[PDB]
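So, a structure with cetuximab in it.
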Amino acid sequence: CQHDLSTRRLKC
Amino acid sequence: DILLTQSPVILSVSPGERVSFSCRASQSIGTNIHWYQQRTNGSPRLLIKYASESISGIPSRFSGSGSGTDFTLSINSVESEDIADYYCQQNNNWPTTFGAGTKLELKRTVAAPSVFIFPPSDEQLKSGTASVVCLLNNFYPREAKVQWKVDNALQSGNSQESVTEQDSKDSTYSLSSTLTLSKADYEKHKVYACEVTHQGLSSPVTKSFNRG
Amino acid sequence: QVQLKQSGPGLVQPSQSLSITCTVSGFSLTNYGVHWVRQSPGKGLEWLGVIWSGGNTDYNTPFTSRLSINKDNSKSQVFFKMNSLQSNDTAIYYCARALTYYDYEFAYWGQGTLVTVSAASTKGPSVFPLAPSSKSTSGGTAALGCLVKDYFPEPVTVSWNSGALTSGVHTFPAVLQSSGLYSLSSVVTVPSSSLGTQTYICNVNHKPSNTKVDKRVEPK
Ligand SMILES: *[C@@H]1O[C@H](CO)[C@@H](O)[C@H](O)[C@H]1NC(C)=O
């Protein structure tokens, strides 16, 4: 996946 | 370095169900594995140390097992609060390394969005830019269509969407669609409509206004 | 209560140095090591190093030559410095403490410090009201919000009525515009009957540009 620095959540 | 492979990438379960996260090591690491939770906007929270040992303050529904290279984190009855990413960490070998994480998503019943539309503020208009915001509130599942019309002209390429992460209480999503125009363009037109399509709607819902 | 508080988020120009301060309380740096971990879009979680009770440091291999960690025991402060940053050093940086003095299970984390490596410059947001009306009032429920527009870099914080209003609040993930600047909306749903009685204020803080704005949002 990808780590989203805005939400601090994984983003697929 | 030890490579930790977490699988699958995404888990999607219904509340009350049991769920398991897999952490596999590239090389035997004993029971030297730790687990973390990452909620939306949070820093990691330590759930389990050394494969199976409890951490104080962590609900009993969280447990872990395994040794060697094959590890499991378990939630015996998932609550909506459990929406998060989950990471494993090895420390049998220097340096300590983490897996890539598994996303936990919750299913729930279909919920149609509430739609609201917001004209540009007179405040914003003073800058030579107009944002028109269309809000889709508290719906499930994530898939939704927002179509923009200005004077029956289909708008394309000039809007941006943003979706919240899943809500920890009701498991829904909210969505903002923002249509952006020059002040000049905005002034040259009258009817601004966003049209919303969703599984929970029996037909598309349109929210709109006439400028002034 | 054990806590770690990091200095605020911000921009670092390419080839420049990162400085973050971790201020700990609820324990003594003479009894515990303090670790640094970052979280990047590509690599994910990555341990960077640690300063030990007695002042010794270890650095993860690829940061041997550009990472320095120090502390001031008396001030309960741990200082992290990393030289010559590049775009892929954009990450959330954290300080952490383990359960025991020698170990690596991280039970205590700083709130994190989002660092952006970019050649651009810092710019505060303009804050616009998203006013409730009939076009945004269905079944006794009204929606209202704030448009937080044209800032850089992330993050920006938004709360309502100084923290007193949290129920029904959605603050959207920012989106990058073609201008290279970020924009987000924060919305809340409230009883329409309270629109006359209650004041609704979105509190906007853009720490990287020292912009604090309180925007009152009223029916038009
Ligand atoms: C950034 O690029 C360097 C090469 O200059 C590479 O070795 C490193 O792993 C990259 N880091 C991230 C976080 O992508």
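Here is the naming used below: chain letters follow the sequence lines, and residue numbers restart at 1 for every chain. Every heavy atom of this structure was used, including side-chain atoms; hydrogens, water molecules and symmetry mates were not.
- Put simply, copies of cetuximab show up as chains B and C.
- For the set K11(A), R9(A), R8(A), the entry with the most heavy-atom pairs within less than 4.5 Å of chain B (cetuximab) is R9(A).
- Heavy atoms of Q38(B) lying under 4.5 Å from chain A belong to its backbone as well as its side chain.
- Neither the backbone nor the side chain of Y86(B) comes within contact range of chain A; no heavy atom of the residue lies under 4.5 Å from a heavy atom of that chain.
- The parts of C1(A) that come within reach of chain B (cetuximab) are both its backbone and its side chain, each placing non-hydrogen atoms under 4.5 angstrom from that chain.
- Residue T164(B) does not touch chain A at all, counting heavy-atom pairs closer than 4.5 Å.
- At a cut-off of 4.5 Å, the chain of cetuximab with the most heavy-atom pairs with chain A is chain B.
- The binding site of cetuximab (heavy atoms under 4.5 Å) is made of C1(A), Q2(A), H3(A), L5(A), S6(A), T7(A), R8(A), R9(A), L10(A), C12(A).
- The deposited model's entry lists chain C under the name Cetuximab Fab heavy chain.
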